[PDB]
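Reviewing the structure listed below.
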Number of protein chains: 2
Amino acid sequence: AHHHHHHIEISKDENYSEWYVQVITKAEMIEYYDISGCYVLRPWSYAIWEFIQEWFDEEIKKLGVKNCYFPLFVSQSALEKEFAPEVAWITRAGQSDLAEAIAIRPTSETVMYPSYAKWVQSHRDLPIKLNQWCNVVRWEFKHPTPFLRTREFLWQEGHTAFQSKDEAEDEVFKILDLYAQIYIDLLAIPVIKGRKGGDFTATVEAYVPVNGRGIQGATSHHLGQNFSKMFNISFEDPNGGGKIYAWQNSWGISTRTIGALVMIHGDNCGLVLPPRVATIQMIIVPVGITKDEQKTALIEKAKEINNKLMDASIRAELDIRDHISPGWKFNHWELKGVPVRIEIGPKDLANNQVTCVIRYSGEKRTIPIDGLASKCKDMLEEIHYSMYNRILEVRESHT
Amino acid sequence: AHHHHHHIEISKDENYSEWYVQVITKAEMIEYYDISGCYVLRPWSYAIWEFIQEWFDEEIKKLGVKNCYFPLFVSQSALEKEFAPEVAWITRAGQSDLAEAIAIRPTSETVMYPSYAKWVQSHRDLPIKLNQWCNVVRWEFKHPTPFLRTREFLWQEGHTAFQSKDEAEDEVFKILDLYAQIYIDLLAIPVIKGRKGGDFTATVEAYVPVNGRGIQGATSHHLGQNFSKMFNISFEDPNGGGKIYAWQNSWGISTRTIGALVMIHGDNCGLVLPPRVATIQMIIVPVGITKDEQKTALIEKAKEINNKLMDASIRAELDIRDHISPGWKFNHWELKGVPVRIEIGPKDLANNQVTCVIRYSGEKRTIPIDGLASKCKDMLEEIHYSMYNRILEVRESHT
Ligand SMILES: Nc1ncnc2c1ncn2[C@@H]1O[C@H](COP(=O)(O)OP(=O)(O)NP(=O)(O)O)[C@@H](O)[C@H]1O
Ligand SMILES: Nc1ncnc2c1ncn2[C@@H]1O[C@H](COP(=O)(O)OP(=O)(O)NP(=O)(O)O)[C@@H](O)[C@H]1O
Ligand SMILES: O=C(C[C@H]1NCCC[C@@H]1O)Cn1cnc2cc(Br)c(Cl)cc2c1=O
Ligand SMILES: O=C(C[C@H]1NCCC[C@@H]1O)Cn1cnc2cc(Br)c(Cl)cc2c1=O
Ligand SMILES: [Mg+2]
Ligand SMILES: [Mg+2]
Ligand SMILES: [Mg+2]
Ligand SMILES: [Mg+2]
């Protein structure tokens, strides 16, 4: 099976739910697990989350947010301050039954806010801006789907507290725009910003052409003073007003991002990676291979190109495995969605050129080796915006 | 309490266990949590883990290791292939009792290796080199201690599989040396490499001067073929030998690293941060402050210095809060272990110099502003090696 060619066995436009399973399995993104609704994130899909993590982590740090880590556990009575058929319960640990069951966090408000109440002694302690990258568990009763609705998933959740409503409201929309940027500028997915235990909730919605539905892609909550009154997160007003309750937001985005990417950009040849989150942006494949002197000169030139592409900060890799055919390589990296295949054979070598095959469109482009690296940087940008505009044109048609 | 001065209330050499609690609380490293043996990682301590994570993640990627994410859950019968009084058990989820309890992973061998068995169809599928940054849970029956022995902790665990014993054994010792480098070159802690369900186990041991004990700082396992026979991770030998079982290692380091740092470098003034894992390496504090024209010229020069230190890639920050005294600032950043305080007042300003106060030793150094940034880069190196050599001299004395 591994060293054999592979086909997406059903068309996206015929049965998208079965097509979806084909793509995520044949592109080596997940493994099914014997605990239902949990899925292994294989490196090919986990790398996409790492790119999102690295980007968003840099952006919120510019806003003053610091990372932390709160516990996985919340006691039953602490959870039930302020859904119940979605909680996993620990009732035994070590050698003893617990007198009170412990919940796995489905979200961390009731884990974090007793500490926020302790940390806020005066307005000088505000703002508090904390984020954590972590796993949460929701025993989802709707049917689980890899990435889109899983019972364990990875996310970040940010939890912020301010001395005034206006600071908090301003951050809600900055965060919301950062979430839109993840979809638009990292995943090439157009989104709409909209207002859905808080004062107001805003999401980014990603339209899915094949079924006409919208993916709730991330959530930004303005909690007002609802949680700060619940947990007594308060300070003395400097201007005589007495006890003032902190103004709070929380916000989160998950590995559902990766399911949106599959649903929207996947096609009948398999995954199509948005270039900015592709762990391999360009795969270099030797083609048309006799002569010992020729095979060396050709592989040596491929190594040169590979180094020149990485010098230009392109994530290029070379596939010079000889126990497997070029045609198998084409198919493997197509199924996995590598944005560009660079083919180099004897004919192209003699013309000091390569042949680039663009995955999302199938276009073949012959390019001189001279200014190649710069031409490839441009091409990866071209692909990103073309992927985006193609979905945007589909959405602005149905709407 | 927050805007007041604070003292470590008991000496390290008098009661190190109570001294330890003083330091980790007053340096804002942790919060105690109402589930026993779990502790909040506040930003000041979580940033240390982030530095270790970023460094080690870069090193194992050079060895070909890829990141992934396997589930939190392992079914009872899968765990009990191959300690029991240390497992947290889920017995109810959503609306139903489970027919079989689910364990929180205490480690991920039994979560991962059924997938390894599926992925290894031939020797061409090897090596497999996977790592995950994640949380695990052990209901530790010995008494829990922040960082050193917690019931939830963060770690990485790497799990590798090779076609030959020699490849696997070579990686065991490369990983072990990377763990030694974390202690030696990031935390300024000398370690000894030693050989403790595997074929052999190697650890790095950090000597703790105040009580004479050794911290098991990380673990590198050579599993041989024990787990690959258990899980049938095997391939056909190309040379006629028949079924061959993969040769496996696993290896892990946790947030226990941070407890070693506190135990070994902490002193009676509080935390002392090894410079290479200090989120603030240098804190700039205006001292000796009347004149509106003078206060601006002094804060403006401090901002200049701060920018020049960051241009040199030094993690400098400026503390120009005016609602709190310089003496409070000295004490706050000492308790938190900032490697160097840079004091600038009117007298130094007129001599175009600053006064640096080195935290681990108390030494005060007057330095011209001219070549300051380069002098500070050197100083942070000097501090790292001096911290290391001071502990090494203590260990080579007791031994
Ligand atoms: N089970 C899940 N699996 C994966 N991602 C999820 C899951 N539930 C929520 N998310 C994502 O996490 C984000 C923040 O969480 P949250 O606001 O609590 O979601 P939610 O209101 O429960 N959404 P939903 O269940 O789809 O109606 C959401 O915007 C989703 O994109
Ligand atoms: N409860 C814990 N809290 C924090 N770190 C831990 C804990 N248990 C183990 N570690 C660390 O994780 C590393 C890898 O885990 P592992 O090899 O399974 O530890 P171990 O054999 O159970 N050690 P120990 O319990 O101290 O005898 C160890 O080398 C420790 O440094
Ligand atoms: O999880 C939330 C609110 C916000 N938390 C921080 C990240 C962004 C997120 O939108 C809403 N929510 C969603 N699902 C839940 C499921 C359960 Br089970 C519980 Cl107890 C609670 C909740 C619950 O509070
Ligand atoms: O966890 C290990 C072996 C290795 N796993 C990968 C990271 C490095 C680590 O040394 C040993 N170990 C330690 N403690 C355990 C506690 C329980 Br509970 C269980 Cl079931 C199993 C174990 C168990 O297997
Ligand atoms: Mg208060
Ligand atoms: Mg939900
Ligand atoms: Mg096999
Ligand atoms: Mg143990």
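Each chain gets a letter, A, B and so on, in the order its sequence line appears, and its residues count up from 1. For ligands, and for the atoms within them, numbers begin at 1 and follow the listed sequence. So this one's X-ray crystallography, 2.3 Å, going by the header. Note that these values count all heavy atoms, side chains included, but never hydrogens, waters or copies made by symmetry.
Of the listed drugs (halofuginone, liothyronine, azosemide, oxycodone, ruxolitinib), the one at ligand 4 is halofuginone.
In the deposited model, the macromolecule with the most close contacts to halofuginone (ligand 4) is named by the PDB entry as Uncharacterized protein.
Other chains reaching under 4.0 Å from halofuginone (ligand 4) with at least one heavy atom: B.
Residue-level proximity to halofuginone (ligand 4) for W139(B) is absent, since no heavy atom of it falls below 4.0 angstrom. Considering backbone and side-chain N/O atoms, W251(B) never comes within less than 3.5 Å of an N/O atom of halofuginone (ligand 4). At least one N or O atom of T107(B), backbone or side chain, sits closer than 3.5 Å to an N or O atom of halofuginone (ligand 4). Within halofuginone (ligand 4), the atoms closer than 4.0 Å to a non-hydrogen atom of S250(B) are 4 (C), 5 (N), 6 (C), numbered from 1 in the order shown. Every atom of halofuginone (ligand 4) is numbered from 1 in the order shown, and the set under 4.0 Å from a heavy atom of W155(B) is 7 (C). The closest non-hydrogen atom to atom 4 (C) of halofuginone (ligand 4), taken over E109(B), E86(B), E157(B), comes from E109(B). Short contacts between halofuginone (ligand 4) and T219(B), defined as distances under 4.0 Å to a heavy atom of the residue, involve ligand atoms 10 (O). The ligand atoms of halofuginone (ligand 4) that sit less than 4.0 angstrom from a heavy atom of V87(B) are 18 (Br). At least one N/O-N/O distance between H221(B) and halofuginone (ligand 4) falls below 3.5 Å.
With non-hydrogen distances under 4.0 Å, the site around halofuginone (ligand 4) consists of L79(B), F83(B), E86(B), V87(B), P106(B), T107(B), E109(B), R138(B), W155(B), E157(B), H159(B), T219(B), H221(B), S250(B), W251(B), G252(B).
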